[PDB]
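The structure described below contains trimethoprim.
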Amino acid sequence: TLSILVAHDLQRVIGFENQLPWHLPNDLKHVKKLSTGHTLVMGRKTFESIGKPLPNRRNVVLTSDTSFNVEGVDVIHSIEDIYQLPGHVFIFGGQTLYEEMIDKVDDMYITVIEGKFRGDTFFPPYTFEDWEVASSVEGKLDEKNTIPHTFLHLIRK
Ligand SMILES: NC(=O)c1ccc[n+]([C@@H]2O[C@H](COP(=O)([O-])OP(=O)(O)OC[C@H]3O[C@@H](n4cnc5c(N)ncnc54)[C@H](OP(=O)(O)O)[C@@H]3O)[C@@H](O)[C@H]2O)c1
Ligand SMILES: COc1cc(Cc2cnc(N)nc2N)cc(OC)c1OC
């Protein structure tokens with residue numbers, strides 16, 4: 001099982017200046033719940049942004065840099081390496097990885113952030129022509145979590 005795991009806004013912004021544009025504790029809990037006990041594949045910049053590997057799952061960083069050898073992180077050097085990892089693999093970002101993988105994955109877990117953020121990094125356009133909504137769940141709003149948001153599980157048709 002290969003899946004995309006992404007949050008993006010109404011214009012498919014995912015990133016600004018190597019961080020998430022929004023503060024949304026609930027999306028990160030969503031991420032924790034989905035990926036715990038499984039495998040994340042991410043690009044180097046995304047990892048640097050996050051600093052350390054997420055506890056309680058396999059962290060895999062795709063990078064060209066032969067000197068990368070960080071404790072708790074496995075490194076891969078080619079996309080083709082992804083297909084050799086066992087178990088449930090989530091493509092974790094960023095833009096380059098989504099572009100390379102979106103035609104390849106079984107499904108996508110997308111948080112739609114119902115807002116318009118200033119961004120420098122984007123999720124690629126897709127159609128629901130190609131993707132079936134297996135589920136759509138409204139995020140609940142509170143004072144911790146103030147941006148409307150929807151969790152989609154999409155499966156390739
Ligand atoms: N909203 C979300 O769900 C979400 C999730 C993740 C990240 N983000 C955001 O996305 C942005 C970062 O994305 P980004 O696209 O700029 O960078 P990125 O995907 O985090 O990392 C790009 C780097 O990954 C490595 N890489 C990618 N494809 C490769 C390949 N085929 N072979 C070898 N190495 C490869 C390269 O590392 P080297 O240059 O070291 O070789 C490349 O420079 C940030 O703003 C971040 O906050 C958002
Ligand atoms: C869990 O913390 C982070 C997670 C992510 C990636 C990410 C965040 N949300 C969703 N829905 N999918 C993703 N792939 C990206 C981050 O920074 C760029 C994080 O730290 C702030």
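Heads up: numbering here begins at 1 and tracks the sequence. Whatever order the structure lists them in is the order used to number ligands and atoms, beginning at 1. Computation of the quantities below employed the complete heavy-atom set of this structure, encompassing side-chain atoms and omitting hydrogens, waters and symmetry-equivalent molecules.
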Worksheet item: What ligand or chain labels cover trimethoprim here?
Response: ligand 2
Worksheet item: Of all chains in the model, which has more heavy-atom pairs under 4.5 Å to trimethoprim than the rest, named as UniProt has it?
Response: Dihydrofolate reductase
Discussion item. I need the residues around trimethoprim for my notes - heavy atoms within 4.0 Å, please.
Written reply: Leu5, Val6, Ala7, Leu20, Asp27, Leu28, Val31, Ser49, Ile50, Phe92, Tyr98, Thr111
Worksheet item: Which UniProt domain of chain A holds most residues that touch trimethoprim?
Response: dhfr
Discussion item. Give me the residue, atom name and distance of the protein heavy atom closest to atom 14 (N) of trimethoprim.
Written reply: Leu5 O, 2.6 Å
Worksheet entry | Overlap: UniProt NADP(+)-binding residues in chain A and residues with a heavy atom under 4.0 Å from trimethoprim | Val6, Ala7, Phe92
Practice prompt. Name the organism the PDB gives as the source of chain A.
Written response: Staphylococcus aureus
Practice prompt. Starting from atom 20 (O) of trimethoprim, find the nearest protein heavy-atom neighbour and note its residue, name and distance.
Written response: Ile50 CG1, 3.7 Å
Fill in: substrate-binding residues (UniProt) of chain A within 4.0 Å of trimethoprim, heavy-atom distance
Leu5, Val6, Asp27, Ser49, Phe92
Item to complete: Please report which non-hydrogen protein atom sits nearest to atom 17 (O) of trimethoprim, along with the residue it belongs to and the distance in Å to one decimal place.
Response: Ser49 OG, 3.8 Å
Worksheet item: Is there a nitrogen or oxygen of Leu28 sitting under 3.5 Å from a nitrogen or oxygen of trimethoprim?
Response: no
